[PDB]
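Cyclosporin A complexed to TRIMCyp, as determined in this entry.
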Amino acid sequence: XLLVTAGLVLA
Amino acid sequence: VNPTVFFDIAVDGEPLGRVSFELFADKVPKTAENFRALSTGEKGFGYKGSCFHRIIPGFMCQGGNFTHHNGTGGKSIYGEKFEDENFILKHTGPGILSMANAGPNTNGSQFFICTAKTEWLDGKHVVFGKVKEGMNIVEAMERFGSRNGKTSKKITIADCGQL
């Protein structure tokens, strides 16, 4: 999808 | 008075130009202060030499990672992580500066610069600043991204500090 994470990047 | 900071951006080592940000210390002083201090490098570490490793055209540019002892992802000036200070400010449009995280209360050093309104992230990412000048630079960076975030040239913060 459109997330801004730090390590487990998701869709 | 809200502090201003600057990044001098390079593309494959070649300086493109400067971007400056107003940090909203009047609203999230702790989050603003972390970013300011990592920009000046005054604690002995920070954004200088760091890179924008994930750029999604239409969405945002994310950077602020650097290697440190005792874990990964970046560290803040207060420790390995710190609390979501508040969610007063929303992701209102292009230029917004907001903290990347790995869930609640996991702020460190990573952040992103929005290239669009990203309302779906309100309440989950602490907004804390906004591009002041050099959005043309951020728009130029954005072209080097892709749907999956991989950049076709290496986008770095050649230098940074406070104005």
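Letters A, B, ... label the chains, following the sequence lines from first to last. Chain A is numbered as in the PDB entry; shown residues: 1-11, in order. Note that chain B is numbered according to the PDB entry, with residues 2-164 shown in order. According to its header, this structure was worked out by X-ray crystallography, 2.7 Å. In what follows, a modified residue is given as the parent amino acid, or as X, and its added atoms are left uncounted in contacts. Just the heavy atoms: all of them, side chains too, but no hydrogens, waters or symmetry mates, feed the values below.
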What ligand numbers or chain letters correspond to cyclosporin A? chain A
Which residues define the site around cyclosporin A (chain A) at a heavy-atom cut-off of 4.5 Å? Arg55(B), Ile57(B), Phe60(B), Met61(B), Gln63(B), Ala101(B), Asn102(B), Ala103(B), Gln111(B), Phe113(B), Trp121(B), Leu122(B), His126(B)
Which residues in cyclosporin A (chain A) are within 4.5 Å of chain B, heavy atom to heavy atom? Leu2(A), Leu3(A), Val4(A), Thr5(A), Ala6(A), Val9(A)
